[PDB]
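Rifampicin:Rifampin ADP-ribosyl transferase complex.
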Amino acid sequence: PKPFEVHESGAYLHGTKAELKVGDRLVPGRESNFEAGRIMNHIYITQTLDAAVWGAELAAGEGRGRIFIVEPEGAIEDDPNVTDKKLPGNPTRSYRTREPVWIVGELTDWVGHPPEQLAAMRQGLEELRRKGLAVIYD
Ligand SMILES: CO[C@H]1/C=C/O[C@@]2(C)Oc3c(C)c(O)c4c(O)c(c(/C=N/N5CCN(C)CC5)c(O)c4c3C2=O)NC(=O)/C(C)=C\C=C\[C@H](C)[C@H](O)[C@@H](C)[C@@H](O)[C@@H](C)[C@H](OC(C)=O)[C@@H]1C
């Protein structure tokens, strides 16, 4: 995938290693993928495939990444972890919602980041943790 490229569909995507199926309704309050033990207030979704693939790859869990197309029941807002942080605005088109979402499809035709790019991201995040700089906004 290409960073900042909006998916053809305009649809909201959710990358995860959870075993979801079309027709599931997902409510907030599951555990963070980035800070063990943290109970989440939001569901995180995106309109770029690149951000969804990172969500699938970086999600906690055994088993492979999945990307779902989802329909929010309620309001969505910019995800502050990636908005006005490294870049101005929200170029990854990443959002979050306090209300449930429905799983309406599964994206089957994606490929992951090349392995050294995924390893660099993983290593970078462990480093931020080791330095106490991995602040999670939620
Ligand atoms: C869609 O976002 C993805 C890719 C964007 O593509 C791309 C090109 O545009 C980015 C934007 C616009 C950012 O604002 C950004 C950012 O703020 C950030 C890191 C992190 N960089 N490092 C980690 C590895 N590394 C390169 C060295 C340091 C980034 O790489 C990016 C970044 C990119 O890479 N944040 C930090 O540095 C700091 C200080 C803290 C991070 C804290 C928590 C832990 C994270 O926020 C968690 C909650 C997730 O939100 C991220 C892991 C995102 O994963 C998902 C699934 O969302 C990932 C950024």
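Positions are given from 1, in the same order as the sequence printed here. So how was this one determined? The header says X-ray crystallography, 1.5 Å. Computation of the quantities below employed the complete heavy-atom set of this structure, encompassing side-chain atoms and omitting hydrogens, waters and symmetry-equivalent molecules. In listed order, ligands and their atoms are each counted from 1.
- Location of rifampicin, all copies: ligand 1.
- Residue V135 places a heavy atom less than 4.0 Å from rifampicin (ligand 1).
- Among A59, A52, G55, the residue whose heavy atom lies nearest to atom 56 (C) of rifampicin (ligand 1) is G55.
- What sits closest to atom 52 (C) of rifampicin (ligand 1) on the protein, heavy atoms only, is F34 CE2, 3.8 Å.
- Less than 4.0 angstrom separates atom 14 (O) of rifampicin (ligand 1) from at least one non-hydrogen atom of the protein.
- The heavy atom nearest to atom 4 (C) of rifampicin (ligand 1), considering only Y137, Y44, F4, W54, is found in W54.
- Taking a distance limit of 4.0 Å, we find that atom 31 (C) of rifampicin (ligand 1) is approached by some protein heavy atom.
- Considering each of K86, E57, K85, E127, the one bringing a non-hydrogen atom nearest atom 11 (C) of rifampicin (ligand 1) is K86.
- Scanning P88, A51, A56, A120 for the heavy atom closest to atom 1 (C) of rifampicin (ligand 1) points to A51.
- Taking atom 36 (C) of rifampicin (ligand 1) as the reference point, the nearest protein heavy-atom neighbour is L128 CD1, 4.0 Å.
- The source organism field of the entry for chain A says Mycobacterium smegmatis.
- The closest non-hydrogen atom to atom 34 (O) of rifampicin (ligand 1), taken over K131, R122, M121, comes from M121.
- Contact annotation for atom 22 (N) of rifampicin (ligand 1): protein present (non-hydrogen atoms, distance under 4.0 Å).
- Taking a distance limit of 4.0 Å, we find that atom 28 (C) of rifampicin (ligand 1) is approached by some protein heavy atom.
- Between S94 and rifampicin (ligand 1), no pair of N/O atoms sits closer than 3.5 Å.
- Counting heavy atoms under 4.0 Å, the binding site of rifampicin (ligand 1) comprises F4, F34, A51, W54, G55, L58, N81, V82, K85, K86, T92, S94, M121, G124, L125, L128, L133, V135.
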